[PDB]
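Dihydrofolate reductase bound by pyrimethamine.
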Amino acid sequence: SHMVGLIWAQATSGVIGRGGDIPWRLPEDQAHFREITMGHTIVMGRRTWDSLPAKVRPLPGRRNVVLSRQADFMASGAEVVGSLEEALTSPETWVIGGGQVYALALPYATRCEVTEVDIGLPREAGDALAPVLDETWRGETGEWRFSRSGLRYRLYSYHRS
Ligand SMILES: Nc1ncnc2c1ncn2[C@@H]1O[C@H](COP(=O)(O)OP(=O)(O)O)[C@@H](O)[C@H]1OP(=O)(O)O
Ligand SMILES: CCc1nc(N)nc(N)c1-c1ccc(Cl)cc1
């Protein structure tokens, strides 16, 4: 067990998901997600696993871990753990969602890698929302850049002891 990180992409408001979908199209965030997580362990909740397309899961080049209370759960190509702490035995672990897993994982986390999408989506009932940090987290909020489509985004890299 070692470094636990959270990785997510949010609208400025904190929305990460609405209606079961990512609320924007941003291939550069796909590339950023891949570059942060490749070669490491990724942890997701069972509902997140179930949402992925059958031919996309497990995400290649990473040790995929699915958290579930169901010992019989089938997650072909991944491992299933029944507690989060077991999900963090790896030397470097990125939690990728969803909200229940972020909330369990936040107390272990010492790094967050965030993509802020410049899009105005005030929160609505039902939205999936980003984890909330505080003034004990510190680090770099990067400059805005345009994606190829013109959607603007910037990157946060935060840490704590
Ligand atoms: N404390 C816990 N221990 C074990 N599994 C847990 C857990 N909290 C959440 N989970 C699992 O993680 C699932 C939630 O996945 P998620 O975090 O991707 O969902 P959501 O996106 O809806 O927040 C839960 O339904 C549960 O899986 P099962 O329903 O298969 O048991
Ligand atoms: C590429 C989307 C993405 N972007 C960032 N920045 N973080 C993430 N956690 C995800 C993501 C969420 C759920 C799954 Cl299943 C896979 C990836």
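All residue numbers refer to positions in the sequence shown, counting from 1. Both counts, for ligands and for their atoms, begin at 1 and track the order of listing.
- One finds pyrimethamine in this model at ligand 2.
- Atom 14 (C) of pyrimethamine has its nearest heavy-atom neighbour, among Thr37, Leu155, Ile96, in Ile96.
- In chain A, pyrimethamine lies within 4.0 Å of these UniProt substrate-binding residues, judged by heavy atoms: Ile7, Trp8, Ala9, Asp29, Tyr102, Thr115.
- Residue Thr48 approaches pyrimethamine through these ligand atoms, each under 4.0 Å from one of its heavy atoms: 15 (Cl).
- UniProt's NADP(+)-binding annotation for chain A and the heavy-atom shell under 4.0 Å around pyrimethamine share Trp8, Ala9, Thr48, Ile96.
- Among protein heavy atoms, the minimum distance from atom 8 (C) of pyrimethamine is reached at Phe33 CD1, 3.5 Å.
- According to the PDB, the organism given as the origin of chain A is Mycobacterium tuberculosis.
- For pyrimethamine, the atoms sitting less than 4.0 Å from at least one non-hydrogen atom of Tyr102 are 9 (N), numbered in the order shown with element in parentheses.
- Lab note: most residues of chain A in contact with pyrimethamine fall in UniProt domain dhfr.
- Close approach of pyrimethamine to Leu52 (heavy-atom distance below 4.0 Å) involves ligand atoms 15 (Cl).
- In this structure, the binding site of pyrimethamine at 4.0 Å (heavy atoms) is formed by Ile7, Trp8, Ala9, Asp29, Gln30, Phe33, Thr48, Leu52, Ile96, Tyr102, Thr115.
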Under a 3.5 Å threshold, I'd like every N/O contact between pyrimethamine and protein atoms, with atom names and distance.
| unit_1 | atom_1 | unit_2 | atom_2 | d |
| --- | --- | --- | --- | --- |
| pyrimethamine | 4 (N) | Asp29 | OD2 | 2.7 |
| pyrimethamine | 6 (N) | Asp29 | OD1 | 2.8 |
| pyrimethamine | 6 (N) | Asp29 | OD2 | 3.4 |
| pyrimethamine | 9 (N) | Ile7 | O | 3.0 |
| pyrimethamine | 9 (N) | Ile96 | O | 3.1 |

